[PDB]
Amino acid sequence: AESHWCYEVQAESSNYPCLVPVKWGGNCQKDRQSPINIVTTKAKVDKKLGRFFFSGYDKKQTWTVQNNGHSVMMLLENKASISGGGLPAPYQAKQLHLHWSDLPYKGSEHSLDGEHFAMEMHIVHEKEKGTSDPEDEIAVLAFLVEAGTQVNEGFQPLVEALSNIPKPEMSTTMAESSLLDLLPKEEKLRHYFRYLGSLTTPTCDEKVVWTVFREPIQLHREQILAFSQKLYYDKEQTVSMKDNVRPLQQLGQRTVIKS
Ligand SMILES: CC(=O)Nc1nnc(S(N)(=O)=O)s1
Ligand SMILES: [Zn+2]
């Protein structure tokens, strides 16, 4: 490529040339890409999609959180894992990160029935393989975030940490907190959508089994704004981190199923 990959907002907000999403390389131009719009009434029920088992999600830890230049990322270091959820194996948690905007009607990568949410949180896990790379090497759990007036206390350790990592490659330690602190109530997580796709940043490898939960996380408008107010794409701090969102891709001949 002739320059570093970026999101559209970065190219629009700076005179420094970068490669916008439609121009991304790697596998980004192949035909099983993510994110997608989900028509919820067209997704077929698959009874084999049962409940998830979240392991290590309840435990209070002091997570390392970092600005990687295109998101904020918690390092999960195999300290959590998942099974069930119609998955073919257990998966080890690697990192958690987010995509957002600063307007309530956009910020998520996926849309449900043409509606974008204020943020989307991705928990990235790796497959525990056997002897028999695969289409489902990575399991990403996607949670949509709806802006409101409810202060989400569970999110405060993360939101407070943001002031400490404004620039790329900066890391800090979050106050004691659990992954469940960040999620909707567990019982609400029985309803989710499932399809096979890609990572949503270069090289956009087609190795992700996606889960998009129906239940949104409720976050106060100003907790969401704290992301774009405190974070930057560059050490120069010329472009606030927001609209770190890949445009919608075509489902093509794929099928979306639901629990
Ligand atoms: C470092 C790493 O895990 N790569 C990721 N790239 N895109 C991802 S996402 N947005 O689809 O969850 S994760
Ligand atoms: Zn992501």
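Numbering of residues begins at 1 and proceeds along the displayed sequence. When a ligand or atom number is given, it counts from 1 through the structure's own listing order. Scope of the values below: all heavy atoms of this structure, side chains included, with no hydrogens, waters or symmetry mates.
- In this structure, of pyrazinamide, acetazolamide, etidronic acid, the molecule at ligand 1 is acetazolamide.
- Here the macromolecule with the greatest number of atom pairs within 4.5 Å of acetazolamide is listed in the PDB entry as Carbonic anhydrase 4.
- By chain and number, the binding site of acetazolamide (heavy atoms under 4.0 Å) reads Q95, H97, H99, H122, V124, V140, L199, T200, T201, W210.
- Heavy-atom distances show that, of the Zn(2+)-binding residues UniProt gives for chain A, the following lie under 4.0 Å from acetazolamide: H97, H99, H122.
- Not one N or O of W210 is nearer than 3.5 Å to an N or O of acetazolamide, by distance alone.
- Looking at chain A, most residues touching acetazolamide fall inside the UniProt domain Alpha-carbonic anhydrase.
- In this PDB entry, the source organism listed for chain A is Homo sapiens.
- When hydrogens are left out, the protein atom nearest atom 11 (O) of acetazolamide is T200 N, 2.9 Å; that is the closest non-hydrogen contact.
- Acetazolamide has no nitrogen or oxygen under 3.5 angstrom from a nitrogen or oxygen of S198.
- Below 4.0 Å from some heavy atom of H99 lie the following atoms of acetazolamide, by number and element: 10 (N).
- Given atom 8 (C) of acetazolamide, the protein heavy atom at minimum distance is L199 CD2, 3.6 Å.
- The single protein non-hydrogen atom nearest to atom 1 (C) of acetazolamide is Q95 NE2, 3.6 Å, given as residue, atom name and distance.
- Proximity to acetazolamide (heavy atom under 4.0 Å) is shown by these UniProt substrate-binding residues of chain A: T200, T201.
- Using UniProt active-site annotations for chain A, the residue nearest to acetazolamide and its heavy-atom distance (rounded to 1 Å) are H70, 6 Å.
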